[PDB]
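Caption: PDB structure containing indometacin.
Residue numbers start from 1 in every chain, and the chains themselves are labelled A, B, ... in the order their sequence lines are given, proteins ahead of strands. Order of appearance sets the numbers: ligands from 1, and atoms from 1 within every ligand.
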Amino acid sequence: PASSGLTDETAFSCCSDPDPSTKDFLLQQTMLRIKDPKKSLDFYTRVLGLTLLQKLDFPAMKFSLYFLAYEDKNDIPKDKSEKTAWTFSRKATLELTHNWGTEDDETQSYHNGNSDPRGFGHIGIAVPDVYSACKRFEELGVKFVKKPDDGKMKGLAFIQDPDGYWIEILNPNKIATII
Amino acid sequence: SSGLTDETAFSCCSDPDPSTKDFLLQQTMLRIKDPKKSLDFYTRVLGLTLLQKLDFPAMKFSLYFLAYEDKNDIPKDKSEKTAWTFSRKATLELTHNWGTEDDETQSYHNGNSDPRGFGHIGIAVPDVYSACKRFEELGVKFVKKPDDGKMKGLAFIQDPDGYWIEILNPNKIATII
Ligand SMILES: COc1ccc2c(c1)c(CC(=O)O)c(C)n2C(=O)c1ccc(Cl)cc1
Ligand SMILES: [Zn+2]
Ligand SMILES: [Zn+2]
């Protein structure tokens with residue numbers, strides 16, 4: 001029997017109610033390696049409107065971590081120790097990992113997971129209006145993987161960040177209409 | 001090299017444009033070889049809830065959406081359920097291309113060897129050691145046990161596809177550095 005995927009029945013049959021030990025777990029971060037934080041920080045804050053919660057430097061291992069999320073900057077504790085506990089307890093953050101030097105190495109680039117070898121596909125952002133968001137993205141020179149009305153999924157877009165990671169742009173209140 | 005000073009890094013950040021007002025980081029998507037194994041892992045092992053499943057037979061794949069949400073908060077009718085799912089923060093979209101689970105020569109790439117890119121998702125938990133003790137008991141595979149290395153109290157496990165999952169305690173991170 002050629003795979004026709006799971007029925008809803010099988011799928012949900014594979015699903016267990018959370019064990020009480022897992023009751024306070026949260027999905028805290030998605031980590032992506034970045035070649036050049038100057039570009040990545042600009043894109044994510046200025047184009048997408050995230051806020052840089054914290055920059056952590058690790059001299060012993062020659063990398064930095066940049067945590068970005070949709071949070072009000074006024075909410076960030078100034079104190080380093082308090083900043084840390086707050087940042088790592090936010091939901092839905094991006095951890096951008098910068099291995100020092102990569103920005104100056106012409107031979108280096110990271111792989112976005114969407115060609116051989118595939119794996120990771122993208123992160124995704126819900127917006128109140130995909131068409132207006134993308135017109136703005138266009139005016140800002142953002143590279144598109146899929147414009148909102150190209151292809152057969154109309155009203156859905158994919159853009160790329162400076163490393164070429166894909167970012168889905170969607171309106172959650174209009175997805176059902178395109179299945 | 002040396003990496004960015006705070007001045008350089010901070011100067012590259014703009015305040016949010018008002019038009020990005022209620023933008024939210026909604027999903028991270030991973031391709032998965034076997035949804036039976038994945039769904040068991042994320043729900044039973046990790047404690048996420050499957051919010052919704054979408055099939056696209058035309059293109060031979062399913063999308064599964066999981067989050068740390070109460071399933072009693074999931075709308076029954078399809079339209080309303082879709083709109084809610086896609087408006088939850090911090091979801092996981094697992095993409096199953098029909099066939100792969102029967103193909104012995106097939107595996108996805110977790111981004112942690114050449115060519116590198118994506119690294120991991122990370123779970124904030126109350127107690128990394130009790131969490132990993134349970135994972136161990138349950139047969140979960142580890143990359144970094146909580147107590148190995150210079151950064152003790154922080155772990156990395158693998159999902160059924162080999163993607164790394166960080167296990168951290170927010171109240172012990174600053175200490176760990
Ligand atoms: C400076 O030396 C380091 C720094 C980070 C490290 C490690 C060693 C090791 C290896 C080791 O612990 O020896 C692991 C696994 N690290 C991490 O991935 C990590 C990521 C984010 C945070 Cl905030 C903390 C740790
Ligand atoms: Zn991490
Ligand atoms: Zn997606």
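- All instances of indometacin together account for ligand 1.
- Among all chains, the one with more heavy-atom contacts to indometacin than any other is, according to UniProt, Lactoylglutathione lyase.
- Every other chain with a heavy atom under 4.0 Å from indometacin is named here: A, B.
- B:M151 N, 2.8 Å is the protein heavy atom nearest to atom 12 (O) of indometacin.
- In this structure, atom 23 (Cl) of indometacin lies nearest to the protein heavy atom A:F88 CZ, 3.7 Å.
- For chain B, a heavy atom less than 4.0 Å from indometacin occurs in the following UniProt substrate-binding residues: B:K150, B:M151.
- Proximity of atom 10 (C) of indometacin to the protein is not indicated, since no non-hydrogen protein atom lies closer than 4.0 angstrom.
- Those atoms of indometacin with a heavy atom of B:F156 less than 4.0 angstrom away are 15 (C), 18 (O).
- Heavy-atom distances to 1 Å put the closest UniProt active-site residue of chain B relative to indometacin at B:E166, 4 Å.
- Every atom of indometacin is numbered from 1 in the order shown, and the set under 4.0 Å from a heavy atom of B:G149 is 12 (O), 13 (O).
- The residue B:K152 has no part lying near indometacin, judged by heavy-atom distances below 4.0 Å.
- At a distance under 4.0 Å, a protein heavy atom can be found next to atom 4 (C) of indometacin.
- Residue counts put most contacts of chain B with indometacin in the UniProt domain VOC.
- Within the 4.0 Å heavy-atom shell around indometacin one finds A:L65.
- Neither the backbone nor the side chain of A:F67 comes within 4.0 Å of indometacin, counting heavy atoms alone.
- Among all protein heavy atoms, the one lying closest to atom 13 (O) of indometacin is B:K150 N, 2.9 Å.
- Numbered from 1 in the order shown, with element, the atoms of indometacin that lie under 4.0 Å from a heavy atom of A:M61 read 1 (C), 2 (O), 3 (C).
- From the protein, the heavy atom lying nearest to atom 17 (C) of indometacin is B:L154 CD2, 4.1 Å.
- With respect to atom 20 (C) of indometacin, the closest heavy atom belonging to the protein is B:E166 OE2, 4.1 Å.
- Site of indometacin with heavy atoms closer than 4.0 Å: A:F58, A:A60, A:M61, A:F63, A:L65, A:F88, B:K144, B:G149, B:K150, B:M151, B:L154, B:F156.
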